[PDB]
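Structure record follows, encoded as structure tokens.
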Amino acid sequence: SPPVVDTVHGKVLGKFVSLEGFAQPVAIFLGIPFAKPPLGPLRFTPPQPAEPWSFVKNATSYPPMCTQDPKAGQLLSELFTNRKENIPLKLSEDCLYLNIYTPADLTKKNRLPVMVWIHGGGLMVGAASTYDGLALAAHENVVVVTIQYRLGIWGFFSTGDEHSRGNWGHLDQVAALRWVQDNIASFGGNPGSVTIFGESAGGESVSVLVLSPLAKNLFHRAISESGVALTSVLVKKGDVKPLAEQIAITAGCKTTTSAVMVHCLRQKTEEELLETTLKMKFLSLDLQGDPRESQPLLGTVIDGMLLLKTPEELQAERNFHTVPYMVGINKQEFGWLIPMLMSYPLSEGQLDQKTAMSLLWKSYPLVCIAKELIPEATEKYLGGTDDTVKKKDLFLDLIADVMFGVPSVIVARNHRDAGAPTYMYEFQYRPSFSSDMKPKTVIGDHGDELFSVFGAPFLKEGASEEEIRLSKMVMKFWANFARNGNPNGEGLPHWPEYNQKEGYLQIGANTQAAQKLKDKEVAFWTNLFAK
Amino acid sequence: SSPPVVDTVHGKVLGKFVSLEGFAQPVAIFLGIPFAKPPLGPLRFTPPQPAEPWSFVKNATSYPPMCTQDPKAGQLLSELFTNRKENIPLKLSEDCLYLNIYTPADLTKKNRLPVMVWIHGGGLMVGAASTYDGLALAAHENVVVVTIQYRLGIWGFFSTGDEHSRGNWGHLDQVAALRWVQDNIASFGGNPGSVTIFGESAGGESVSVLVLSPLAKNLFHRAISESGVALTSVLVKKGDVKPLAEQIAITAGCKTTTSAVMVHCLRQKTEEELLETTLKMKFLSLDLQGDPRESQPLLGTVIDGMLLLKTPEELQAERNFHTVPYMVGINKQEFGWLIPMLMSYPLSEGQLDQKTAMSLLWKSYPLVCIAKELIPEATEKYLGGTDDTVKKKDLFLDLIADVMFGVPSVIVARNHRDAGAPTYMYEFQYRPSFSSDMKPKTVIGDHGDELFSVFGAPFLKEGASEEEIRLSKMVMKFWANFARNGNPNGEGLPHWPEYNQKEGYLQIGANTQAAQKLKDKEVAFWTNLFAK
Amino acid sequence: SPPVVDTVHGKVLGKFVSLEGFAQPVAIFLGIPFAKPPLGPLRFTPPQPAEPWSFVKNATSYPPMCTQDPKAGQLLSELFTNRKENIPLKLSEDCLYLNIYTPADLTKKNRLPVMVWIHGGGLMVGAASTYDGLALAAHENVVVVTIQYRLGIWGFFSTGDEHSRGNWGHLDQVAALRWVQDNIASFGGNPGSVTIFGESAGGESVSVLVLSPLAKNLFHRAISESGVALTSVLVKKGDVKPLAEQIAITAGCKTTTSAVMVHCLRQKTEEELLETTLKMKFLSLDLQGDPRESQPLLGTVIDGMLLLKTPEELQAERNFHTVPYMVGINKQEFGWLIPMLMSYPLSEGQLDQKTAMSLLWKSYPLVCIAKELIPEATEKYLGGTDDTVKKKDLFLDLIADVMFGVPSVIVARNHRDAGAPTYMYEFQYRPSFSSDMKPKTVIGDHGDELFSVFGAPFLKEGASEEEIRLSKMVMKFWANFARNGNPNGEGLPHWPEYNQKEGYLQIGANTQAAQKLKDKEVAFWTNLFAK
Ligand SMILES: *[C@@H]1O[C@H](CO)[C@@H](O[C@H]2O[C@H](CO)[C@@H](O)[C@H](O)[C@H]2NC(C)=O)[C@H](O)[C@H]1NC(C)=O
Ligand SMILES: CC(=O)N[C@H]1[C@H]([C@H](O)[C@H](O)CO)O[C@@](O)(C(=O)O)C[C@@H]1O
Ligand SMILES: Nc1c2c(nc3ccccc13)CCCC2
Ligand SMILES: Nc1c2c(nc3ccccc13)CCCC2
Ligand SMILES: Nc1c2c(nc3ccccc13)CCCC2
Ligand SMILES: *[C@@H]1O[C@H](CO)[C@@H](O)[C@H](O)[C@H]1NC(C)=O
Ligand SMILES: *[C@@H]1O[C@H](CO)[C@@H](O)[C@H](O)[C@H]1NC(C)=O
């Protein structure tokens, strides 16, 4: 009969789902509320605990995804899902739910490691239901939890002061982790061993939680995939008041004071805030006016609750409570996916430096390179050869290194020097699940590792023995890390720890260890930004 | 100093004098003259009506607003296509049926200069007349330049397929502006007996549409279509238009019970709600999700029974159209950069394998209409010649350009010629210094590049080489000679052969010379392919 | 291939439908517009000519029915339709359409008689699509046309002055008759021979058209089935201003002036006017307050365009169209359907005079019998027996006679005395198509003749031979009347003309002639109301 688990707030009914090659059916619970719906006065406020229910709550239907651009959200889900057919999702402000995939025999007593997944999507789009934890759970014997949190205006609107601090979405992630602590034992998970992992904005969220005192003791291991707190495009520094006013004005609100803007925005309907979102044209590279004034995403701010100061300052603090941390990147972070989703103005296979400099300046919101420095940056990367074809490839490497490569290594180095176990990787592989619109030459594009991590080869059809093995290896590395804070194990290539030798693992068709990931790039960019 | 005051049928207008270096007679410029009644309220989705007469003098010296459209796309396109020094920021408004006049004539005396009426492009969804400054062309060639505006998007082309909302309101506005020219241009030193209509892209398709429409009879005497004709499928809705109409009404929160209900409901919506609906439909952007055959890139021309009695193809099969001198042209790389960029094509890698190419070509259905079964043959034909992946990408862009512009342009020219009318063709291949900085140096003759020569950008903007200056002078000469005689030829200019059975055409660029049989093989390949 | 006809405003495409045993198929055209949609500023104004269309208009789907109580309209359509299955109809203010059923060979030239049907429904509900003309058209070789007209508030709102005269629905009826004159020949119809017929409110409409100068030359024969201009409830006499104001107030409008009330009601959405309609509780007997103040329906008024004076004044003046006129009633007009639809308070097979008197006073809006006269009226109908079962039956008769019986005979008499051919009938048969909720004892209830007139026995599945025989005879009489202004013909029982002998036909399983229909009832009520 259907699995029924008892949680703090009430009973929940899930369903059993078997996976070829496993005798123990996985118990799946969809749409479990971990907080009170952020509706009405609750919009733009920290999450409150869910209210208890009387009988058995049916947890067998996908929850709606947080309000976001429905077309961009659906496209993204289609490109990222590990399941056979993408699941159409409904939109709603009532989205603070989480899905659980437990391989534990609930009739007995278990304490399996827990892996909490934080999806990406620039903090503007995305959903938990996009990711099916069936394969990872069944193959690695771990409890997989996929959570949701407020996005866009709903999750990050900030006036820069106490009337709307911001980071609601991040507070939601924290609320989910607190929920896991109080309830995961009932699903056969060990609250004493929770690993948080995510990619892109999800990786940046994990990185933020790692530096936050609010998340202390809510997790014991962390994994950031293609995204950290130093990925400047997701973190807003300085005064955020101007942005708040641009949003309120576009929404048809007065900007008399912070309290007035917030109060007015709380009165707007979901559709009105969604229409405001579309007018702001987020997720897109603005090619008009001054690049310095364009804000393609609404993200993390230094609110004073979640983050006491900038991530750059919080890293140097060699004494906070640490946890094993794995930080990785993909070979071509800006190879296709991101540029495509941002309508990046690149269509020619040949790029000249004059144009490169123009594009880089227009890319200010993503790279933050002062106009006076564009020449140096461009010359450093493109002055290499006289092949304009190779020049555009190097240009894509430049964006990638600034957005993910250098930030990741800098975070890893600081985590290491803080005395905590650190691991790094570089993923280079072109999955068969890639979009038909993605050139075959792109290898290790943003998000390419997700298919291996969530066992797509075991849910989706068609996959070479090589792709299947790669997924088994990756899931093993990730689950081993979940269990012991060390990815190593028998039958797996050796993954050196990221110490002073800066060893890291190159993951792909052929997997081996290497040293000094992005060494020269970090040196160059650190000196450039120093100016 | 003393501003020029002209007497129009509806009242007096006051303009301003502007001097262009190299000419004694200052050009009299009149901005924002209304040629129709503001299409507000119950007038939305109906034919344009005559402007109301006014007393005293109407000050015509401020740019009029551009018709309601995506403000970000509208403004960006304006910056990319303007020929003046600084782009003029424009206001949005449903009250947009205005035109600007640039007359080089001496209004104190009598003048009958040839008149050139410009119709801007922008997929019938965006654009403005003010983007194009007629000062240079007017002074340099002694012609009266008129830039007109017309309703765009929902306001200009919403159609229910029946009598409740036939559609083509934007084209009816173009007709009304031409009618205003006939009745008023003489007062500005123009000759209503010699009116030339020219436009680029959607503007070119409009010109082509006017050539095939009974409503435009005796309104123009010469025509020029630049990069766009009535056979550019994407702009001409063929088949049942009801589905698109219902989808627009639904998005606007309207019931679809009957056509009259849809129309009545949309008429009650505010300008902002319709603009929000427009932004939600996400027009002029490649939809990468779902079935490509359901994507609706834009709202456009329909066979309404008033403007167009039947499809363009049928109208030309039978020589049923205005046999005025016609110049049809294209640029070397129509889909080179500007359009793929504005439509958000996924070409960040700049390279492309055949499998990826067939995938995008299929997603490009709304633009090219190539059945999935035919994609392999179409792709093999263009990319199979080389193994280089970057080159393949270049050939892929040529393939899309040939289908949207190249082939349609030649087919139209041939039908116009075979109808015994004077026909001319050209292929523009040059990269202006006024190109966007984000546009690589390898893109030459991209969509819109010829506009800078036609409107004398080298004489209004700065940094033009002597070669570019010489090109613009030659092009304006050709265009104005054509406007004057229906033949572009003149002393001092390369010989431009007429597009007859020999199919001669002019290659315009750094090197300007006559050639023959433009896109001959391509027309043959595609005419056969589309026949299954 | 499909039938394509050329009409003044353009081409229309219909469809061929064959009837078992008929060689030539019937051409059917559904939803042809005969006027411009009465939307926006056209609400509460006379109908305007329809705009022409350019190609071929597809007229093969049923048009919507004019806005009205959706629950009530659907129920009524289901009870009256002659089709095998009732068609669900959509609501819309855009409802000025008509359906055509022509048995003619369109490839030739035909001049078949035309019968224009005006549906009933108290001028508050109803639809043309409820009535299928296939059978009547094929069996009698006549062109059948079913029309629609504005209903309720949209069709009859009147301020009592020039700012909103009222009777928009009747003007819509005139517009359709005008369209028939200009276009019917194209459908094989003869504009020189048009017969208008309807039942209930449609019967009253036909009666009003006979008295209106606006309809001269639009028809040549008329048939009123259970309803005439003397059926008081459908005709507003006196000052209509108070009702106008009550509707305005219910809709949230000010009543400062007529123009202000009209202008305000024009800005209301269809839904708002429908909600106002529901709050008014039309088509329902009000059991609260003074019976004299309740208005169960919005109807005809003496506007000065359609009607220049009350029917009574126009009859005395002998000022009207002297076309052949057939006027009939059913045995039990208030037998079940109407009392049921009005939520009439009667659930006992027995009724005492005291209760009867209270009910009759409550029925004021339907009968207009002053309270001081209630005793005499009641004593005259019930006082003859002690059987309280027979008393309630007699109570229903009294309502029926006052609403239909007497008014019909008086109208027949005035028409006869005006020198025009007149015929009367009394229908007494219980169709097998009656509702399952209608007691078997009710015979000749309101609307029962409709199934015979429209040939339900030929469209519905398996009707008894007796019922089939009755319908063939009725359609025969109706069609002979249509072509000759005299129903008589070969093989049909003799139907005497309604002259000084006052002969009329008793239609039923046994059809025979009789004399002096409701003669004593008319004498009684005429004397009573004269007080
Ligand atoms: C005319 O309209 C009808 C109804 O819209 C079309 O009929 C087809 O679709 C209807 C259901 O959506 C059905 O009622 C019809 O039975 C169905 N069959 C056909 C094709 O007749 C019809 O195609 C239209 N014809 C024209 C000339 O457009
Ligand atoms: C919306 C509108 O009508 N603006 C018009 C303005 C106003 O008339 C003036 O600013 C006076 O208010 O001036 C013009 O006519 C003009 O000078 O050419 C252009 C423009 O169309
Ligand atoms: N996944 C995305 C990320 C970023 N931008 C994006 C923009 C559009 C769609 C997806 C995105 C910025 C860096 C973090 C990841
Ligand atoms: N997106 C388009 C633009 C232009 N023409 C177009 C023609 C067809 C389809 C899309 C188009 C002209 C310049 C502005 C952009
Ligand atoms: N009140 C009346 C109702 C109906 N018809 C009527 C016909 C005439 C006069 C009053 C009527 C049909 C059913 C609903 C009520
Ligand atoms: C739970 O809901 C699902 C549909 O989402 C349904 O299949 C199932 O019957 C429900 N369980 C119970 C017992 O309500
Ligand atoms: C005409 O309009 C211009 C622009 O606003 C203004 O500067 C000028 O004073 C006006 N002249 C007249 C005639 O009012």
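Throughout, protein chains are lettered first and strands after them, A, B, ... in sequence-line order, and every chain is numbered starting at 1. Because only heavy atoms are used, hydrogens play no part in the values below, and waters and symmetry mates are left out as well, while side chains stay in. In listed order, ligands and their atoms are each counted from 1. A fraction of the deposited model is presented, and contact counting is confined to that fraction.
Present at ligand 3 is the drug tacrine. The chain sharing the greatest contact count with tacrine (ligand 3) is, according to UniProt, Liver carboxylesterase 1. Other chains with a heavy atom closer than 4.0 Å to tacrine (ligand 3): A. The residue from A:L341, A:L297, A:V233, A:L283 that puts a heavy atom closest to atom 13 (C) of tacrine (ligand 3) is A:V233. Atoms of tacrine (ligand 3) found under 4.0 Å from any heavy atom of A:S200 (numbered from 1 in listed order, with element): 1 (N), 3 (C), 14 (C), 15 (C). At a 4.0 Å heavy-atom cut-off, tacrine (ligand 3) touches A:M403 through the side chain alone. The nearest heavy-atom contact from the protein to atom 11 (C) of tacrine (ligand 3) is A:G122 N, 4.4 Å. At a heavy-atom cutoff of 4.0 Å, tacrine (ligand 3) is contacted by the side chain of A:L234 but not by its backbone. For tacrine (ligand 3) and A:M342, the ligand atoms under 4.0 Å from any heavy atom of the residue are 7 (C), 8 (C).
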Is there any protein N/O under 3.5 Å from an N/O of tacrine (ligand 3), and what does the full list of such pairs look like?
residue	atom	partner	partner atom	Å
tacrine (ligand 3)	1 (N)	A:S200	OG	3.3

